[PDB]
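Caption: ipilimumab together with Cytotoxic T-lymphocyte protein 4, bound form.
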Amino acid sequence: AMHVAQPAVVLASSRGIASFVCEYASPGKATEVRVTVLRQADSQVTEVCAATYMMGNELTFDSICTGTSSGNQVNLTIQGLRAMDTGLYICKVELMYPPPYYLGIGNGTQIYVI
Amino acid sequence: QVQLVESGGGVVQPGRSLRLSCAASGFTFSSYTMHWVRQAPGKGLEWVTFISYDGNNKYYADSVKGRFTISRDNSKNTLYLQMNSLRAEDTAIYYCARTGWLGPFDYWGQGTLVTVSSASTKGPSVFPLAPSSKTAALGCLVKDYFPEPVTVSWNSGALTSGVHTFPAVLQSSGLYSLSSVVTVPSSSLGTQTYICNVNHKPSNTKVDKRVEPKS
Amino acid sequence: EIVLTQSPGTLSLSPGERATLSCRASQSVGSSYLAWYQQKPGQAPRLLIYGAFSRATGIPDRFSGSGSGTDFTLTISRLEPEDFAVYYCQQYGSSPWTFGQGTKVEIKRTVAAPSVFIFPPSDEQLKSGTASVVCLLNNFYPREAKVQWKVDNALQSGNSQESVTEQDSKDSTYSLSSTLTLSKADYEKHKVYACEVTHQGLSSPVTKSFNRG
């Protein structure tokens with residue numbers, strides 16, 4: 001079974017930087033994987049970030065985001081935040097190759113900006 | 001405004017190929033991943049194929065693998081399905097569908113029927129199902145046409161009440177048959193005239209047969 | 001390949017009644033990456049529930065999803081006339097994407113006997129060279145009916161085909177046609193053509209017959 005695990009709460013930096021590790025468990029040992037940071041609010045959902053990367057090799061970046069890949073976790077750093085950006089941020093890992101395709105959606109991270 | 005319009009279905013002889021198209025509207029198509037799903041006549045939903053956001057990753061159902069290709073022209077906002085060595089069992093309505101943000105197939109195309117037969121395009125023969133001598137029932141047997149679909153009315157669409165036009169069935173001949181049937185006053189069996197109007201767009205054919213009581 | 005089995009095939013419920021649809025998987029399903037779809041015949045599927053329990057934009061309150069692991073239920077709290085449809089559960093957490101075979105939900109009404117009519121082949125058709133004997137079951141409920149063909153009291157097999165209507169909009173009944181295909185040569189070997197039908201609404205089975213000429 002596919003499980004994605006992100007922290008419950010992160011407070012944001014005085015400058016506007018929130019950082020959180022996003023760990024996943026593949027039943028396979030997949031190589032091409034695609035991470036998406038999502039924002040939830042009511043039934044709606046909005047794209048914040050999206051990255052595709054291959055294995056151990058570096059993360060490729062939506063400009064608002066940066067990160068690192070250190071094994072089977074991804075250190076997603078969001079910046080350029082306003083007080084208005086406080087909400088629920090979902091980690092979405094997709095394992096793309098080799099087969100089978102697996103989809104993983106997290107429980108969400110509450111980011112606070114004050 | 002979210003819309004998925006597919007086109008270019010129709011008929012193919014077995015072995016020969018056919019490419020389906022689906023054109024997307026009012027979402028930034030680049031951002032959402034896509035699928036095809038078929039539905040064999042009177043059967044369930046079968047996932048056929050998946051395409052990545054870019055197209056750098058493609059997945060195919062076991063039963064089409066080797067024969068079908070999925071592709072996307074992003075700047076044209078269009079999704080395609082190349083189908084290659086078509087079998088009679090590939091006959092289905094083909095749905096294009098969009099994967100939601102969080103995984104389900106949230107938006108679907110309209111449907112496009114692909115018929116895979118060697119059968120020659122043929123208009124119907126229309127035989128009367130004459131009302132019993134010994135409420136009366138009458139009808140038309142719409143026999144040996146190709147391909148689906150056919151339309152039946154009664155008295156130029158002016159008799160709707162009690163009409164039952166059955167689903168077509170596929171015969172051994174590879175041709176289709178159905179009966180339209182209606183039920184009426186036995187009193188008015190002698191007076192009013194009962195004509196069934198059969199329309200077959202794929203061979204451009206209109207046939208009207210008068211249905212008339214027996215000896 | 002995560003197989004999905006839904007039960008039953010057919011829910012027979014009156015409008016107003018609660019409907020409970022089951023979906024059971026061959027193995028456990030992710031973190032509830034399981035959808036439900038609705039299909040009113042001649043239309044595309046429409047998404048109803050995702051993430052096992054979350055409702056799709058514009059789907060009304062009466063639709064309701066439960067379950068975890070290998071067991072999932074869709075609840076319709078009251079059946080409105082637009083809800084009588086075919087429903088498919090789907091898993092979407094891993095490839096291949098798979099559906100269940102679907103549960104159809106029909107209107108339940110009181111039992112109705114079919115009215116049976118036998119139609120000999122038309123004169124038109126005989127001259128062409130084949131003979132079609134059409135049998136008609138008109139407006140019956142429920143859908144289970146059996147039709148047997150007898151030519152000179154000998155039972156036919158694999159030379160007849162059936163077709164059934166969708167449940168009548170106005171009265172919730174079905175109609176069925178059995179058509180028997182012989183060749184002109186064949187049709188002229190025998191005298192008595194009989195269509196016998198078994199249905200709930202009939203106290204005993206009914207036969208409809210004619211002799212050629």
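Chain naming here is simple, since letters A, B, ... match the order of the sequence lines and numbering starts at 1 in each. The way this entry was determined, per its header, is X-ray crystallography, 3.0 Å.
- Within the model, the positions assigned to ipilimumab, copies included, correspond to chains B and C.
- When heavy-atom pairs below 4.5 Å with chain A are counted for each chain of ipilimumab, the highest count is for chain B.
- Per UniProt, most contacting residues of chain A around ipilimumab lie in the domain Ig-like V-type.
- Entry annotation: the source organism of chain A is Homo sapiens.
- In this structure, the epitope of ipilimumab on chain A at a heavy-atom cut-off of 4.5 Å is A:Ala1, A:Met2, A:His3, A:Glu32, A:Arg34, A:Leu38, A:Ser43, A:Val45, A:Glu47, A:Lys92, A:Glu94, A:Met96, A:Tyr97, A:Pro98, A:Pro99, A:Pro100, A:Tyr101, A:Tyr102, A:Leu103, A:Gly104, A:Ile105.
- The residues of antibody ipilimumab that come within 4.5 Å of chain A by heavy-atom distance are B:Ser31, B:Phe50, B:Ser52, B:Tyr53, B:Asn56, B:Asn57, B:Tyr59, B:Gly100, B:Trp101, B:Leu102, B:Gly103, C:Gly30, C:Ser31, C:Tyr33, C:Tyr50, C:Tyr92, C:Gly93, C:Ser94, C:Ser95, C:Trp97.
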